[PDB]
Each structure stands twice: as structure tokens, then as C-alpha cells.
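Here the structure is laid out as C-alpha cells; the discussion comes afterwards.
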Protein chains: 2
Amino acid sequence: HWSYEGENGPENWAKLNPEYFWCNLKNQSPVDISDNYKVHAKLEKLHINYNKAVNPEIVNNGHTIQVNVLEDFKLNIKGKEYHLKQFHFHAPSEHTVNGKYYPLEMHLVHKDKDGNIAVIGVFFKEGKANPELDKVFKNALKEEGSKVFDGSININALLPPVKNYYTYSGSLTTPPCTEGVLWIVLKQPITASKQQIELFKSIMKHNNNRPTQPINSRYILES
Amino acid sequence: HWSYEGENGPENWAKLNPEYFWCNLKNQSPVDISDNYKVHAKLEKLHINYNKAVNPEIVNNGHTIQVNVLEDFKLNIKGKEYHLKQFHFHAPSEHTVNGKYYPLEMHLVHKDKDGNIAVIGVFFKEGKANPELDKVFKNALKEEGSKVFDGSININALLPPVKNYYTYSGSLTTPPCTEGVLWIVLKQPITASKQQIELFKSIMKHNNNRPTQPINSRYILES
Ligand SMILES: CC(=O)Nc1nnc(S(N)(=O)=O)s1
Ligand SMILES: CC(=O)Nc1nnc(S(N)(=O)=O)s1
Ligand SMILES: [Zn+2]
Ligand SMILES: [Zn+2]
């Protein structure tokens, strides 16, 4: 089984299972979003409205706290119609901006009818507490397992008002590290209280962010 | 052995050898350079001066006619210092522009000190004959083999005056189809005479262009 340290750490994920060959390729995530290879461009506007997920499932799978939604929220971008499947968290953040780590990163995982994946990343900096985050972190089991949250979560409240973003072609950040992933990282971080961030970290017991990967021949676009 | 048709055709390259696993991944070349996923941006200017290659080696390797240069022509771009190694040809072209094929495409293959690859592609449309092309095609062996050209080739004469270009992250277009390749396709095609184009095609005996591949989560930048 893979982990974020030791023999089964990120550096040896590709050795754990034949299906993890992707982890050693040339278009991996996360990456350092650097001005060195970031270019500004007129990009498609992000149109999403994740109203609210009613009675979503909160899962502790040992590697993160994930929320599986029952609704069918659509993300239409780059000629595809992706459907939100779940969002989860990483602490510290996986992506960095000019070398800077944020204390928390949320990933909204979408998939289209053909299995294509798009992930929207949201950075969280310490500050005013976020209402929705308590619903997730305080109702997450401390041990591996799932639980149905008796209530609803306003996902829009887990997103910044302005949705300018960075985008690049990458991969899943945990085995099998499949590539061909469409990454959309919102430029504006929102806030989470120190207690919310520490609660998540204390549940995980360890950092669950994959080291940044070489950008190689890719450029990152910024809207 | 792989080919451009039959059992060993492009569709089954990945089955020929374990090392060809790349041919089935998510960041393959060539691609259709489509306005649907092409974005304009301020890109690094292309600074290259491939003066002339003296006594280069002309090789017919059965899949193309390739010219190996002895000089050390540098291509400095995207934070790397690539060195020109050789240029070769494909007929019809490999890349297309909004679905349009050109009769001929030239590839200038560069590699840096770490093995990183950058390929500059040049489209040729039928028209005024190109002086340099005769040096290559008329001196290429009709059967597999190499030969040293007794003369010099002005590579700059194989490039358009204006060097605006498209760029994207891709792969080699023949096995092993390694990814992480930096592609730079010059937007302006130059000309080759119908006879020059047919001479190359008659030597090859068959089309030697790989089918275009899915762009997947990549965008193509245009300077
Ligand atoms: C089952 C599933 O979604 N797996 C993922 N692996 N990595 C992901 S991430 N961090 O790139 O969003 S999602
Ligand atoms: C040895 C070598 O250079 N191999 C190549 N395979 N494909 C290439 S291409 N068409 O992408 O320039 S170069
Ligand atoms: Zn994630
Ligand atoms: Zn080629």
C-alpha cells in the first residue's frame, strides 16, 4: 500500500504496482506554479454553481477526508461536460505558487462520460473560519470509514468569489497518477481558521501532499 | 519492427515492444492544431541561426530521410539550451492546422545536456522550389543506408523568415513515442516544388506521417 513517507513514499510509488507506471512519466502533478513558465491568456470563463450537496458522504480513506456528492453538478469547459464526483483535502497544499505552500488545498474532482478527469484546486490561507469546513472536518471519522452527513454543504462557499485561474495538463496526485488530467487551480485563496486546519491535520496524523513534479515541456496558462 | 501500416502500423505500435508503452498515453504527437484549443500569448522569441551544415550525413532509415549535422547549433528556449542533432521529413505532414494537411513537414530535432528533446516543425506547401531540398532528396540513397553529402546545407533556407509559432507539450512521433517533448511548430509554411515533394514520396514509397492524436487536457500556445 502507498503512503506519503517511508518505503511506500511518493519516491517509490511507481515500484509498488505495475499500474503506477504513470507516477514516473513527464506530465505529473502537482507542480510549482512559477512565473518562469506561466503565461497570461484569454481563457474560457469558469461557469460553475455548486449550490449545495444534501446528505453527502464524508469519507476518511486514510489518505484524505473526501466528500462524495449525490447531486449532478456540471462543469463545462474545454469542450467537455464534466460532472463533479467529490472533493477532498491536502495539508499542506500540493501546488505551490512561486515556491509558496498554502496550509490547505481542496480538490474538486470531476469526470465526464468518457472517464476524462478535471480537478479544480482551491487554496486556503489561515484567517476567518469557513462555515462549511466545520461540517466536513467535525463530522469526519477519526479512523478509516465513511459516514453520511446529516445536512447540506454549500460548495460555492468553499470557492473564492472571483474565479480567475491557472490551468495546465497534468495527473492525479495519488497512485495510479494517471495523466491527461485537466487542472484548474483558482488563483484567489480563501480562508480557513487555524483550528479548522489543525483539526484536519490532526485527523490525518501526517502531511498528505505529494512533492511538486518537474513541469518539463509544459506551460501553465493564467486567465 | 514498426511501420506506417498493417499489423505493425501506428495503431499497434504499443504492442510491438514494452518500451513503446508511451504511444498509448495522454500527451502524444502529432496533434491537430485547432482554434478550439489554441490560445494566443506573449511567448519567448525564437532565436536560431542554423548557418550551414558542412558535409552532413544523409540517412535513409526506411522511415524517413534524415540529415545528421556535425556542427553544434544551439536553440535556447524555455530555460533550456538545446542542441540541434538532425532534421528529417514526413509526407504528408504530421501536424495539421484546423484539419488541414500540408504535403510536407520538416522536423529539426534538438536535445539538451540532460536528454530533453525539442522539435521544431516546418510546413511546406507546393510552390517555388527550395534550393536546399534538392541537396537532401537528390543525394539520399533509395535504399536504407547513409551517405555523406559533399557540400553544405543552409538550414536557415529551410525556415520561414517570420518565426511566429505554435507550442505544446507532446511526444516523439515514432516509437518509443517518449513524452516530455517540447514542440515548436512554425506558423508560416515555406515552399517546395511538386517534383521535390514527389521525389521524397517516391523514395519513401509510402506515407510516413503518424495519425494525429487526442489533445486531451492540453492547450496549444500561439505566439
Ligand atoms: C479515486 C480518485 O479520484 N483518485 C484521485 N487520485 N488523485 C486525485 S487528485 N489529488 O489528483 O484530485 S483524485
Ligand atoms: C532518434 C530520434 O530522434 N527519434 C525520433 N522519433 N520521432 C521523432 S519526431 N518525428 O518526433 O521528430 S525524432
Ligand atoms: Zn487531491
Ligand atoms: Zn519527425
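Chain naming is simple here: A for the first sequence line, B for the second, and so on down. For chain A, we keep the numbers from the PDB entry: what you see runs 2-224, in order. Sequence positions for chain B are given in the PDB entry numbering; the residues included correspond to 2-224, in order. In what follows, every heavy atom counts, from backbone to side chain, and hydrogens, waters and symmetry copies are set aside. Counting convention: from 1, in listed order, for ligands and their atoms alike.
In this structure, the drug modeled at ligand 2 is acetazolamide. Ranked by contacts, the top partner of acetazolamide (ligand 2) (the one with most) is named in the PDB entry as Carbonic anhydrase (Carbonate dehydratase). Chains with a heavy atom under 4.0 Å from acetazolamide (ligand 2): B.
Listed by number with element, the atoms of acetazolamide (ligand 2) under 4.0 angstrom from any heavy atom of B:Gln87 are 3 (O). Every heavy atom of B:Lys86 sits 4.0 Å or more from the atoms of acetazolamide (ligand 2).
At a heavy-atom distance under 4.0 Å, no atom of B:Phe90 approaches acetazolamide (ligand 2). If you check which protein heavy atom lies closest to atom 12 (O) of acetazolamide (ligand 2), you get B:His89 CE1, 3.1 Å. Ranking the protein heavy atoms by distance from atom 11 (O) of acetazolamide (ligand 2) puts B:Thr174 N, 2.9 Å first. Short contacts between acetazolamide (ligand 2) and B:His91, defined as distances under 4.0 Å to a heavy atom of the residue, involve ligand atoms 10 (N).
Closest to atom 8 (C) of acetazolamide (ligand 2) among all protein heavy atoms lies B:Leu173 CD2, 3.9 Å. Close to acetazolamide (ligand 2): B:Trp184, with a non-hydrogen atom less than 4.0 angstrom away.
In the vicinity of B:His108, heavy-atom distances shorter than 4.0 Å reach the acetazolamide (ligand 2) atoms 10 (N), 12 (O).
The closest protein non-hydrogen atom to atom 7 (N) of acetazolamide (ligand 2) is B:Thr175 OG1, 3.1 Å. Contacts under 4.0 Å between acetazolamide (ligand 2) and other ligands or ions: ligand 4 (zinc ion).
The binding-site residues for acetazolamide (ligand 2) (non-hydrogen atoms, 4.0 Å) are B:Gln87, B:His89, B:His91, B:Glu95, B:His108, B:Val110, B:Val120, B:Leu173, B:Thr174, B:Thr175, B:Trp184.
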